[PDB]
Colleague: 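Got a structure for you, written out below as structure tokens; questions coming shortly.
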Amino acid sequence: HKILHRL
Amino acid sequence: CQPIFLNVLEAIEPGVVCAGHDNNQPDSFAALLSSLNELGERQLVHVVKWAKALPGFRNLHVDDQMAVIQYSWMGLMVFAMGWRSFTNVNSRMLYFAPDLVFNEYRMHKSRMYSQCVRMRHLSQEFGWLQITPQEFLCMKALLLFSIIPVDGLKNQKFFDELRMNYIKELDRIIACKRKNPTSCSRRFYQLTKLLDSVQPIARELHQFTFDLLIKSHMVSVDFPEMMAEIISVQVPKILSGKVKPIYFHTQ
Ligand SMILES: C[C@]12CCC(=O)C[C@@H]1CC[C@@H]1[C@@H]2CC[C@]2(C)[C@@H](O)CC[C@@H]12
């Protein structure tokens, strides 16, 4: 998960 | 003088992205849509890396950086796909990826035929309007800053300033070989109309993918992690009227 993460 | 802004846009433009589709198998709704979803997930990775390298993007609040990407990805990807279709196959087909090209038969099989025809019309416009590679690059960047929440962004001020700067760069590119105010004005009208046209198309696709996710288990269509999250959390905000595009013209 962790949203898009690589933002 | 050195065109610093344009030098940067050309330098960061993403390379080729493949969908991983098996073109040896007969076409089916499930396989075609699952591949489009995977291409979306793969393109999302390149869009994030691209956006983070845009002039001034870091001026935005961290939460807004994520938000603008989550709201405008559909329009950004559709615009780029239309350009690829024009440059690679003269709009004869929809060039989603080297390994995922849609002819009319596939448009029909995908169950989103009407939307596909509208995207082909967009592709044709790149040729009819003689859009230059440089205009394409500036317009695509502007699309990242064309959809916002009615409730406002964390730092709406920084966003408004950045958007204004990209509009100014578009004015500059238009004035390059044009030494007449009327000629520049006419071109700005044409380009803003083209940009507005992307929004209604993106809205139809937003509705289509939303409905598909809700019934995905019934039609055997797979949605990757990021796509499923964005379509169930962010997309409904646009469909319910909480997030809306910024139109240049009224319509
Ligand atoms: C953005 C993509 C994938 C990237 C691209 O080239 C444009 C294209 C437009 C249709 C989208 C597709 C991603 C997956 C979606 C959202 C499907 O669920 C239905 C509509 C598809």
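Chains get letters A, B, ... in whatever order the sequence lines come in. The residues of chain A that appear here are 920-926 by the PDB entry count, in order. We're sticking with the PDB entry numbering for chain B, so the shown stretch reads 669-919, in order. The header says X-ray crystallography, 1.7 Å. In each ligand, atom 1 is the first atom listed, and ligand 1 is the first ligand listed. The figures that follow rest on heavy atoms only: side chains count, while hydrogens, waters and symmetry mates do not.
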Colleague: Look up in UniProt the name of the chain making most contacts with ligand 1.
Modeller: Androgen receptor
Colleague: Can you identify the drug molecule modeled at ligand 1?
Modeller: dihydrotestosterone
Colleague: OK, heavy-atom distances under 4.0 Å: which other chains does that catch around dihydrotestosterone (ligand 1)?
Modeller: B
Colleague: If you count the atoms of dihydrotestosterone (ligand 1) from 1 in the order shown, which ones are under 4.0 Å from a heavy atom of B:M895?
Modeller: 13 (C), 14 (C)
Colleague: Quick sanity check for my notes: UniProt domain of chain B with most contacts to dihydrotestosterone (ligand 1)?
Modeller: NR LBD
Colleague: Give the residues of chain B annotated by UniProt as 17beta-hydroxy-5alpha-androstan-3-one-binding that have any non-hydrogen atom less than 4.0 Å from dihydrotestosterone (ligand 1).
Modeller: B:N705, B:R752, B:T877
Colleague: Where's the contact between B:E872 and dihydrotestosterone (ligand 1), heavy-atom distance under 4.0 Å: side chain, backbone, both or neither?
Modeller: neither
Colleague: Please report which non-hydrogen protein atom sits nearest to atom 11 (C) of dihydrotestosterone (ligand 1), along with the residue it belongs to and the distance in Å to one decimal place.
Modeller: B:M742 SD, 4.3 Å
Colleague: Among all the protein's non-hydrogen atoms, which is closest to atom 19 (C) of dihydrotestosterone (ligand 1), and how far away is it?
Modeller: B:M780 CE, 3.7 Å
Colleague: Nearest protein heavy atom to atom 15 (C) of dihydrotestosterone (ligand 1): under 4.0 Å?
Modeller: yes
Colleague: To which protein heavy atom is atom 12 (C) of dihydrotestosterone (ligand 1) closest, and what is the distance rounded to 0.1 Å?
Modeller: B:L704 O, 4.1 Å
Colleague: If you measure every N/O of B:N705 against every N/O of dihydrotestosterone (ligand 1), is any gap under 3.5 Å?
Modeller: yes
Colleague: Say whether B:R752 and dihydrotestosterone (ligand 1) are in contact under the criterion: heavy-atom distance to a ligand atom below 4.0 Å.
Modeller: yes
Colleague: Identify the binding-site residues of dihydrotestosterone (ligand 1) using a heavy-atom cut-off of 4.0 Å.
Modeller: B:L701, B:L704, B:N705, B:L707, B:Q711, B:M742, B:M745, B:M749, B:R752, B:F764, B:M780, B:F876, B:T877, B:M895
